[PDB]
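Opening remarks: the structure here includes dexamethasone.
Naming convention: chains lettered A, B, ... in sequence-line order (proteins, then strands); numbering from 1 in each chain. Start at 1 and go down the list; that is how both ligands and their atoms are numbered.
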Amino acid sequence: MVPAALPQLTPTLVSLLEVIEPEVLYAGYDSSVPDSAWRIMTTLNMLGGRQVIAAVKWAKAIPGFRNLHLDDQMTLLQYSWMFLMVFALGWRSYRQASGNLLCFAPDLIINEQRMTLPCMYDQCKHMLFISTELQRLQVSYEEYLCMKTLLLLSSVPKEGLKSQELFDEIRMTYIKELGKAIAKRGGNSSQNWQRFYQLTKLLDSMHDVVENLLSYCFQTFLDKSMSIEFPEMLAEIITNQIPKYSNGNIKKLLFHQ
Amino acid sequence: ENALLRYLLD
Ligand SMILES: C[C@@H]1C[C@H]2[C@@H]3CCC4=CC(=O)C=C[C@]4(C)[C@@]3(F)[C@@H](O)C[C@]2(C)[C@@]1(O)C(=O)CO
């Protein structure tokens with residue numbers, strides 16, 4: 001038996017990331033519904049809006065984020081939300097299912113049969129991919145936390161942000177934090193170099209994954225005849241994101257050529 | 001155009 005206590009923070013970025021990471025949300029899933037791709041998609045979007053609200057609260061607590069121009073803050077969240085949602089879905093699916101099942105929430109796990117329904121097959125393959133890479137690379141929780149912050153900071157307007165210099169500084173702090181997370185494992189210098197290379201390749205690969213997923217998100221959002229619903233938060237973000245995406249304004253910040 | 005997200009951020 002031990003007394004109740006809050007965990008001990010330390011003066012490191014990863015320690016703060018651990019305390020501000022939002023708790024995993026339950027979907028409040030009514031599993032009595034029949035299996036259908038359209039119903040599943042709506043359910044996922046309603047969960048997604050709740051996760052995005054939690055992610056906005058998380059971003060506000062990231063050191064320096066709130067010091068960027070308010071427009072930069074909105075833009076970064078509009079450009080990165082899908083990255084944040086898919087990477088966290090990847091983490092849950094890796095930790096709970098070794099990347100074999102889509103773990104949206106503890107009460108919403110999409111199995112192989114459901115993932116292979118006619119109109120689920122393609123999108124689920126894309127959604128599950130990053131989980132298989134987290135599994136392959138055996139990513140640690142500290143590595144994951146640092147990488148997830150880098151994803152908030154991986155896409156910017158082509159013309160630059162209003163607070164560009166500060167943004168570059170913040171981004172470099174998390175690149176360095178990722179290196180520290182890798183190094184803490186106790187590998188030698190060569191292994192550290194190799195692992196940093198592999199994890200930054202993984203970060204870069206997120207852009208093509210997200211392109212695959214935004215194609216579904218935007219088409220199901222726009223074609224109202226499909227009757228796939230989105231909550232207000234998400235609908236607003238998507239409404240604002242599409243014009244930037246389609247005008248080619250979303251610039252990816254790649255580590256590698 | 002960004003009411004909800006702006007509200008959360010403030
Ligand atoms: C293939 C796309 C990509 C999907 C998103 C992938 C990321 C994600 C992780 C979650 O934990 C909850 C909801 C989201 C954020 C999501 F799963 C839903 O929003 C449904 C989504 C947009 C999609 O299934 C649709 O476009 C359905 O309309």
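The chain with the most heavy-atom contacts to dexamethasone in this structure is named in the PDB entry as Glucocorticoid receptor. At a heavy-atom cut-off of 4.0 Å, other chains contacting dexamethasone: A. Neither the backbone nor the side chain of A:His126 comes within 4.0 Å of dexamethasone, counting heavy atoms alone.
Every atom of dexamethasone is numbered from 1 in the order shown, and the set under 4.0 Å from a heavy atom of A:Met41 is 27 (C), 28 (O).
Summarising the contacts of atom 21 (C) of dexamethasone with A:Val209, A:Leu44, A:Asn45, the nearest heavy atom is found in A:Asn45. Near A:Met85, with a cut-off below 4.0 Å to any heavy atom, the atoms of dexamethasone are 7 (C), 8 (C), 9 (C), 15 (C). Here the heavy atom of the protein found nearest to atom 17 (F) of dexamethasone is A:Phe104 CE2, 3.4 Å. Shortest contact from atom 10 (C) of dexamethasone to any protein heavy atom: A:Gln51 OE1, 2.8 Å. A:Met127 SD, 3.8 Å is the protein heavy atom nearest to atom 4 (C) of dexamethasone. Most residues of chain A touching dexamethasone map to the UniProt domain NR LBD. At a 4.0 Å heavy-atom cut-off, dexamethasone touches A:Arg92 through the side chain alone. Taking every heavy atom of A:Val86 and a limit of under 4.0 angstrom, the matching atoms of dexamethasone come to 6 (C), 7 (C). Proximity to A:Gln123 (heavy-atom distance under 4.0 Å) selects the following atoms of dexamethasone: 1 (C), 23 (C), 24 (O). For dexamethasone, the atoms closer than 4.0 angstrom to any heavy atom of A:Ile228 are 28 (O). Polar contact with dexamethasone: absent for A:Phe230 (N/O pair, distance under 3.5 Å). Looking only at heavy atoms of the protein, atom 28 (O) of dexamethasone is closest to A:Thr220 OG1, 2.8 Å.
In terms of protein heavy-atom proximity, atom 5 (C) of dexamethasone is nearest to A:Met82 SD, 4.0 Å.
At a heavy-atom cut-off of 4.0 Å, the residues contacting dexamethasone are A:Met41, A:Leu44, A:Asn45, A:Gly48, A:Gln51, A:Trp81, A:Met82, A:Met85, A:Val86, A:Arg92, A:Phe104, A:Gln123, A:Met127, A:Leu213, A:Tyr216, A:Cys217, A:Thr220, A:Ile228, A:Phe230.
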For dexamethasone, which of its N or O atoms have a protein N or O partner closer than 3.5 Å, and how long is each gap?
unit_1: dexamethasone; atom_1: 11 (O); unit_2: A:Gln51; atom_2: OE1; d: 2.7
unit_1: dexamethasone; atom_1: 11 (O); unit_2: A:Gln51; atom_2: NE2; d: 2.7
unit_1: dexamethasone; atom_1: 11 (O); unit_2: A:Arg92; atom_2: NH2; d: 2.8
unit_1: dexamethasone; atom_1: 19 (O); unit_2: A:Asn45; atom_2: OD1; d: 2.8
unit_1: dexamethasone; atom_1: 24 (O); unit_2: A:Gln123; atom_2: OE1; d: 2.8
unit_1: dexamethasone; atom_1: 26 (O); unit_2: A:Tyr216; atom_2: O; d: 3.4
unit_1: dexamethasone; atom_1: 26 (O); unit_2: A:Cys217; atom_2: N; d: 3.3
unit_1: dexamethasone; atom_1: 26 (O); unit_2: A:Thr220; atom_2: OG1; d: 3.3
unit_1: dexamethasone; atom_1: 28 (O); unit_2: A:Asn45; atom_2: ND2; d: 3.2
unit_1: dexamethasone; atom_1: 28 (O); unit_2: A:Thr220; atom_2: OG1; d: 2.8

